[PDB]
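Note: structure shows PU-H71 engaged with Endoplasmin.
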Amino acid sequence: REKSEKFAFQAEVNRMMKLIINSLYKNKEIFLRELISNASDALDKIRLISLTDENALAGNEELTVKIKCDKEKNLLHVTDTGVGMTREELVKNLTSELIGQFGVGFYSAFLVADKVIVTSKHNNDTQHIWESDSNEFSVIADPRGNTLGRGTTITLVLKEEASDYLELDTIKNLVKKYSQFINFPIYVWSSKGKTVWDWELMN
Ligand SMILES: CC(C)NCCCn1c(Sc2cc3c(cc2I)OCO3)nc2c(N)ncnc21
Ligand SMILES: [Ca+2]
């Protein structure tokens, strides 16, 4: 149950990190923008798919991004109800503008994170967890089953120096500033809370 779960990045794939991390060392807060763009792209996809597929939205009828800081656990979560990724996509998918050009903006998460977890659910596959420290990565079936319904959560284990991204004022100011790639609603969990009115619509 390891040779089918533990993998390592391609030599070009690992080299691409050396470009992203070294180049954007002064603009670390670009990561939220990049993650939010991907969420919007994945929302565009399932929305386009839903034009031709009347069952496309069955597992989650909502088209949103929801951001929530878990300061107690040192975690930042970015959750979209987009197209999601299959296991095959999680396994095989491997300068502020150039990052968005070649599609590698996702790995700007490692400017602020020691470890990135991706939980995704695609309509044609079970829910899976991908995790990496940017040296190796693994992909496993999610033991919690289908909790997302459809879409993708990006979970960031923040570095000690990135503590500020667990703060509500910081993440809210960043989301408003980087509402570049969103014509879908973006919410921030505005609580540390019990109800659905605890989401603040950011855009
Ligand atoms: C070929 C296809 C799978 N690539 C499109 C972008 C992949 N992707 C991305 S970027 C990404 C995500 C990864 C990844 C590499 C990238 I680049 O390895 C672990 O999870 N974010 C997405 C999201 N929120 N929803 C759906 N798909 C997402
Ligand atoms: Ca299905």
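Numbering of residues begins at 1 and proceeds along the displayed sequence. Every number for a ligand or one of its atoms is a count from 1 in the order of the listing. The deposited model was determined using X-ray crystallography, 1.7 Å.
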(request) Report the positions of PU-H71 in this structure by ligand number or chain letter. (result) ligand 1
(message) I'm trying to map the binding site of PU-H71 (ligand 1) - which residues have a heavy atom under 4.0 Å from it?
(response) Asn38, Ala42, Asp80, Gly84, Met85, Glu89, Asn93, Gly103, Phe106, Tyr107, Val118, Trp130, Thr152
(message) Taking 4.0 angstrom as the limit and counting only heavy atoms of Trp130, give me the atoms of PU-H71 (ligand 1) inside it, by number and element.
(response) 18 (O), 19 (C)
(message) Out of all atoms in PU-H71 (ligand 1), which are within 4.0 Å of some heavy atom of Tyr107? Include the element for each.
(response) 15 (C), 16 (C), 17 (I)
(message) Only heavy atoms of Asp80, strictly under 4.0 Å: list the atoms of PU-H71 (ligand 1) that pass.
(response) 23 (C), 24 (N), 25 (N)
(request) Enumerate the ATP-binding residues UniProt records for chain A that place a heavy atom under 4.0 Å from PU-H71 (ligand 1). (result) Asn38, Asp80, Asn93, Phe106
(message) So if I count the atoms of PU-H71 (ligand 1) from 1 in the order they appear, which ones are less than 4.0 Å from some heavy atom of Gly103?
(response) 17 (I)
